[PDB]
Structure formats: structure tokens, C-alpha cells
**Student:** 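One structure, pasted below without further comment.
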Amino acid sequence: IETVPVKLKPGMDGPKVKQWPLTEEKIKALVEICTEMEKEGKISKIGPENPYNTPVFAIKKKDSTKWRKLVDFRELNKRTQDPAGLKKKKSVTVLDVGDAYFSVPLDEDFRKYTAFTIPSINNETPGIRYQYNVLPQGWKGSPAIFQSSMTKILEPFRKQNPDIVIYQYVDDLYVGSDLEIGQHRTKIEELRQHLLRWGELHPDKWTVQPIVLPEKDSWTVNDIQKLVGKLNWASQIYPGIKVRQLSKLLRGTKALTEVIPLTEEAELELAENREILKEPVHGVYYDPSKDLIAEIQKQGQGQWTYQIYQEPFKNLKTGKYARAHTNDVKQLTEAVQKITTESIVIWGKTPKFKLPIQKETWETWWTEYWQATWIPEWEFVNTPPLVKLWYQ
Amino acid sequence: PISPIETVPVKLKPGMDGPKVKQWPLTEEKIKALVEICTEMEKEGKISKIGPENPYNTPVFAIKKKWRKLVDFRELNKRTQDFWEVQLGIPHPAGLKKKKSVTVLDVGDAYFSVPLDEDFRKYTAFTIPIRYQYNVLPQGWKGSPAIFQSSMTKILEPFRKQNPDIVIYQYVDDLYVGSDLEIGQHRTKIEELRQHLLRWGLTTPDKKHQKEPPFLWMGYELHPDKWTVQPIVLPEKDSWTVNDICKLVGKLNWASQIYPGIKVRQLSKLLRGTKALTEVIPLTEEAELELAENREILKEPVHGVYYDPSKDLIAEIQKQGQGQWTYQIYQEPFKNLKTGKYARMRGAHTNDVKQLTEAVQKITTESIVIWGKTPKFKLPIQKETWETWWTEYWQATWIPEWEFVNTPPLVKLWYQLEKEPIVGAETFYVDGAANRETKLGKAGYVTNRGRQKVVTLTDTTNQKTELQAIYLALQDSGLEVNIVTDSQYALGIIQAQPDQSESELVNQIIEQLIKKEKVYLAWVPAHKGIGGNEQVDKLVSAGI
DNA sequence: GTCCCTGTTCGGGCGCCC
DNA sequence: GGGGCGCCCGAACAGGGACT
Ligand SMILES: Nc1nc(=O)n([C@@H]2CS[C@H](COP(=O)(O)OP(=O)(O)OP(=O)(O)O)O2)cc1F
Ligand SMILES: [Mg+2]
């Protein structure tokens, strides 16, 4: 085999991202995996004269005593030059075809940008640095360069099983069928066998979370005040929402716990608004040259709400994620893995997340709960407590 | 002597060229030491005499340790390529395990034993007032540390492979070597390590070969069952300057790793207005008092222990007021592995539950660096205070495994906003407006019982008037109050339950909230003619 | 757009190690 | 003169809300 040249986008350096502290577990696993990869020629030791760096860690998959190395290539990916039926299937299995990539060499003059560093416990030693000689798992370029080789492999299986949808996303193969679960699994095993000789999701059970208005036999000034603020916000998403009649009940300067009987108008306006919320959002077109943005709100009691959009108030999807000794960060981490999965399946792209958590909290613990082979972009926000009421 | 290791290839930054800089005048005490050093180096191949075919030059000088030769490559360092530093942190004694046998070796003339890339030697040209260049790593170049540290690691890698159960802590040219052998057999391994280094050109002078406890290492003294910091001494000036307090801040911080209780808030608050290092500063009573407290805890004798991987790590946190926190980490009670402080103020407004959650995060990260695992925590906060906070709070927040410790001052939430509006509590509709032009404002309220107040403010901001109005409603209400606001800004601050703030005004608001039996704060959208948010809007906007 | 207020980064100084 | 980590501080952004 001979390599494919690869460039960065013009006016861009390679990544220079500092390695973060790893646990003893993860370091032991990384050192194991790396020495073997260095035997098999997939990575080489390098020096400090290579100025590039990219974080590494490792995840303990399932219960299995098998670790998976995971390189955070988000930066490098940002800097690397540049299947509708799948969401319908009864079952989707996700396969990890990452190691296939190690069979293709990698443009020599590019290898230096794939540098990473293994830390030691208590800084017994300086870091050990490696760079890749082959297509690295997690890199944007790896499925690209390997596509033609991936197609050649799959093409016969696709022929023999035309009802089956196979989608690839970096290290991942999504395999969808309408088979009952036993024959599905048997087919997956069949596709695995086919893959060997070269070298559980349920999409149409994905519900959306509608905005919904409370029902009450008596309304206080407070109740109505909450209602009108909520409607007034929602009207930014559903311009047919109307608040005029209801608001007119709050003329005067009244006690919060004073009871207000609703007029005929106000009941009608409330009835309309109830219906308008049913009617699906209009005029939202997925734009693949724009970021997918995800917001998550903590609702409490293991309840999480999310929306995916690209323009403010123009939601592509809105959802809920539900689950004593609950672990918020775990839950959040699991929520963003779930949302990312949906987002890949529906649009083949990974959303930028707005996380309702302090940076240090998140960065302290999220690798403890991560099970995906990809990592989405994210940023940290201070949720104005208004919006957590809006998706109540 | 000179390592036969491969040189590390190194470049200038694109489109740049070597330094051309005049050697500044130098005392003869130094010139004598220079040529003494240079005649030997030149004899040994480490520096070569150059001619006039070398355009470049860089100033050199010396300081006493014997003498250390230095080169002010600040200009070369600017033109050189970037390096990824391989030194990720500083080994700490509390992460060492008990070893049967221990050695500490220093490597002799370390840098000068590692060859410098040939194609790069020319740029290192320097002139004694005689012209030379470097054939080995120079002290002052920014590439020398990483190239040394990396070369050292290549050199130790075979020995480490062959001897996986000998532990070598490698800090620049410093080696701590620990084994579970008897001293006889340990010493045989040491010798094997020294001949290994000598094969690669690195000598280990017996002069710096420590064979008996207490070992001197990284600023500590290592005894077989305990460790201590090397003596710390604080200045005793009467007049203090910026640069003096910094020396005191820094030294206290360093002490805080093993001396429990250290605090540096007030001392630090001093260094705020300053624009230059020379300024002297009045040691405020708050600060002068702190000094003595610290100064007192230093007099007592103190030591950490080593790490037993087969027991648990325990971190125990204590609160010290003014956003100051101290901790101790141990496996067995009153036998500290180490200690620390946390004192960072994050946010304009915060409470003690957040700060405690930040101390936990810090300690967790630090523990992962040193021991590679998370400790179990012991915290001055009720399991039920925590759950209240975790419930109501809108952010994901979490604390790893922990038990309560009733060692006051206990961490507590100082007030709680009601979830439902209060019956028999007067309803205040507050609001503020400000003029961006004149900076003039108004804050006021209107209440369901007919009360109405408007206060005019000067030199204010919109957000401020909005907080002023809330404060005003708190001031003129009974022990139970409903307040309706249209400010996300104000609602956002108060709903997160701060007990401390950078803002005097928010502090005053906080004090009111604690006085009250019941507060219910509610939000409405502005300019939507909600009554009587609508009625108080007219009032505070008039003339504004 | 502008001001305001809040957050983050990143470069000062000092400590400590080599 | 160099590299590392730590601590504190203030400068320069980057956001989102409220306003003419
Ligand atoms: N202030 C320092 N600047 C440095 O560049 N170094 C570097 C990093 S470690 C290396 C030590 O060099 P040397 O071995 O000649 O130092 P040394 O005289 O302390 O040790 P030795 O007497 O040669 O065994 O110098 C050390 C310093 F303390
Ligand atoms: Mg030495």
C-alpha cells in the first residue's frame, strides 16, 4: 500500500493541547496498548522537537476487562482539510470497526500532527510521546481515506441483504434492520464474520418532548403569571401563541395567591394555545454547513430535557432523557452520549453541546462515564433558570 | 564526557536567523571562572573555537552555585522552533511507596554530556572577553531542558525494561532509586544503573551519591517512615513591599503542603491596586494578624508519611472563613500524607456549598496526579444540606463518596427561596430603570396593599436599579414577602443563594434574605402590561 | 449596534525543583 | 539565562440581556 497526501486548512497549525491527568488504571491500560502498538509498527516514539500534542485516555468498555484507547482528536479534526432510512429501522446495532484503520499507512509529513503523550503517576518520569504511522482511530481523515476500501468490503453484504442499512461514522458502523431481534442479531453476527475474513438501538421508538400547559380548576394570579411568561417565551417558537386575553386578567396590583376566575375569552385563548403546541414546528431545514447545537436543561429527579437547533428557536428536535444515589455528572455524560448518537443517526453529524455544569466539575469526571469512540465539541453555560421552567 | 546518543534535530522558526548581540562588560571574578570553565570544555570537545566565518554571537555570564556558566539566549530562544515540554509536573514525596532500599544519585555536568545538533551549533556562538560555539546543550537555551529530559528517558528506557520493579524517579538530572531488595543486592543494582549511565556518557559522582537516610530530594528530607520539608524561613521586615509579600505568599503556599491551617487571603488582597513591584504597603490588621497565625503554626514540627496502595485515601476538609479552605489527606488518622489549602474566589457571587464543591474538585485532580486515584472525602456538611442543594440547583453538580464530619464551622445554606407564593405575605412588584446618557436612575415598588415607593439613584446602571428595587422591597416588608421582578439578571443571582459577593449591594440584599422568614421571588416578562409590573414600570421610568 | 456584567484565558510577578 | 508545577492578580477577549 502507498499513502494519500493530507493537508491542514490554510493558515492553521497542528494541535497543541495539554495532556490531562489520568488514573492509574487508565495509564496502565494505555501503556499496555501502546507498547503493543509500537511492536506492530502502528506508532513510533518521538521527541520534544515535535511541537504538537493531543490528549489521550482510555475507556473500560461494557464490563469486559478490555480497555479501548481513545484519542481526543477534536482539535486536529477541526483543522483537517475537508441515509435517511436508518432512523426508521426497528433495531440498530453499533459496531466498532476502528482497528481496520491501522492497516493503512499515513502520509509521513502528516504523522507529526498526531502526536500524543502518556503521563506517569506522580510524575515519576517525563511524558512518553508517540506519533501515528497508520490511520488513527477518531481522526476525521481516517474514514475518508478508507472509504473506497470500506465500500469494497461491504458491497457484497449489502447485495445479499438489501433491506439492511449500513452507515459508517468514523470508528462506527451503524447497522439497521426491521428483523425481529433474534434474526437481527444473527445477521449482525453474519456481518461480523464477513468483516473478519478481510482483517442495541431502536430509532423508531424515539419520542419528542412537546411544550405543555398545566390544567387547573382554579387559577391564582401567580399561576397565570407563570403561564403568561411561559407562553410569551414559547411564542418565539410558535408565533401563533397569544397572551393578550390572559394577560388582561392581571390588571391591577394583586396578591400572588388571589384566585382569578378565567373569562370566556381567556379560556378560548388558552384552548387555542393548547392546540397550537400540538401543530409541529414549521420551517426548519437542516443545514450541513452549520453547527448542530444542543442545549440540555437539568429538570431534577433524573429528568433531563434537550433541544437540537442551528438557529435560535428553530428546533430540529426536542427531547427528554429520564433515569437516591444518583450521579448528576454521570447522568449528564450519558445524556450527551445519547443525544450525540441520535444526532449522528438522524444527520450524520455531531452537535456542539451547551453543558449546564461548571467546566472543572465536568472535566474532573466525564472520562469516568464515557463509552463512545467519538467526542463532541462542547462549551459550558450558566442556564438562566427561566428556560428550565419552559420545558417543564 | 559526551553521550553517544543521537542528537535531536532542531530548527529556527521559518524566515529567521541567529542572534547577533554584543557581549556586555563583565567583572573579572567572572572572566577568570569563564576561561577556567571554557578551557576545560574546549579541551573536552564540548565547545569549539570558531573564526570570523561565524556572524552570530550571544552574551554570556556566570553566577555562583562552584560556578555556573550561563548564556542569555533570550534572543535565540525567540527565533528557535517550539518544543512540546515533556515535564508534566513535580513528583511529590507523599506519592512515594515504602521501599526496602533507597538511593539518590545526581548526574554530573548533565547538559554538557548531551550533544547538540550539528546544524544548529553555529547559532550558539559566544565570545569570552576568545570566540566559541557549543557542541553540547547550553544553560540558557529554551530547548535544553526538554532535550535533556527526553534524552534521559531514552537512556533509562532499556534499564527500566530489564528492571521493571526498580522504581526510578527521574527529575532532570536527579535520580531517586527505590527497590524491594536487601541493601547488598540493591547496591549491586545501583552499580548496574551507574555503568548503564556511564555507557551513555552520564557520570554519577560519588560526591552526590546518597546512600543513607535522611535522603535530600526535591526540597525534602526522606526518612524511612516519614518525610519532612526542608526548613522554611519567613522575612521579618517591618516595612513590606509588593515583592516582599509575594515572597511571603509564595513561601506560605509552599509550606501549606504539609503545615495544616495556613491562610493567605488578607496578605493576597494587599496586592491589588499595585502597578509595579517596588510599592510598599500597609499591613492591614486583618493581614498582620494572619501573618502571626501562620508564623505560629510553622514553629511546630511536622511530617508526612508515604503511600500504602493497599489502604484508602482520605481527604478531610475544614472551613476557615472568607472563602478559605484547608485539607488533609491520609490513610490512617493523624498520619497525614499531605495537606493543602483552597482559596480561589470564582464568581462575582457564590455560597459555601459551591466553594466546597470546588475544593473537592481541586483535591480530586491533585490526588489523581499524585496517587492515580480519587480519595474518599470527610466534609463539614450535612448529607441533607447537600441533597437540598443538589435538588434545587439547576446545574449538574456532584461530590464523590463522602461522609459528614461535625467539625465546625459546618457548611450551610443561609436562606431558602419558597417554591410557592406566600399566603398572607404582601406582594411587591419591583422595577428599576436607568439612563445610559446621564447615569441617573430610579428603583421602586408598588404593593397589593397600596404601598408605593420610588427612590432616585445617581451614577447607576440598569442592572443596579433592578437590584436596588429588590433590596428596597426587602427593606420595607415584614418577615414574609412576595416579590415579583422582571429581571433575569437579579433573579439569576438570588436564586443561586449566594452568601457572599463582590457587590456591596448584593451583600446588603443577602443580609436581608437571611433576616426573613419567607421570601418568594417570581419572574414576569417586562413591557407586556402585566399588572402591576406595568404600574411600577411607569413610576420608575418617569423622568428616565 | 451600545453599555453592562459575567465568565475565561493568558501573561505578569513571586514560591519551589533541577 | 532555561524548563516544569503551584499561587495570586489584572488585561484582553467572549458571551447574553436590556436598551434607542
Ligand atoms: N538554575 C538552573 N538552571 C539550569 O539550567 N539548570 C540545569 C538543569 S539541571 C542541569 C545541571 O547541570 P550541572 O550538572 O553542571 O549542574 P550541577 O553543577 O548542579 O551538578 P553537578 O555538580 O554537575 O553534578 O542544569 C539547573 C539549574 F539549577
Ligand atoms: Mg548534576
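To find a chain, count down the sequence lines: A is the first, B the second, and so on, and within it residues start at 1. Remember, it's 1-based here, ligands and their atoms both numbered in the order they're listed. No hydrogens, no waters, no symmetry mates; every other heavy atom, side chains included, goes into these values.
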**Student:** Under what name is the drug at ligand 1 recorded?
**Tutor:** FTC-TP
**Student:** Can you peek at the structure and tell me the main thing FTC-TP is bound to, named as in the PDB entry?
**Tutor:** p66 Reverse transcriptase/RNaseH
**Student:** At a 4.0 Å heavy-atom threshold, what other chains are in contact with FTC-TP?
**Tutor:** B, C, D
**Student:** Which residues of the other chains approach FTC-TP to under 4.0 Å (heavy-atom distance)?
**Tutor:** B:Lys65, B:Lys66, B:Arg68, B:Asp106, B:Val107, B:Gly108, B:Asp109, B:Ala110, B:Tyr111, B:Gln139, B:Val172, B:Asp173, B:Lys208, C:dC18, D:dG1, D:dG2
**Student:** With a cut-off of 4.0 Å, which other ligands or ions come near FTC-TP?
**Tutor:** ligand 2 (magnesium ion)
**Student:** Mind checking what the entry calls DNA chain D for me?
**Tutor:** Template DNA
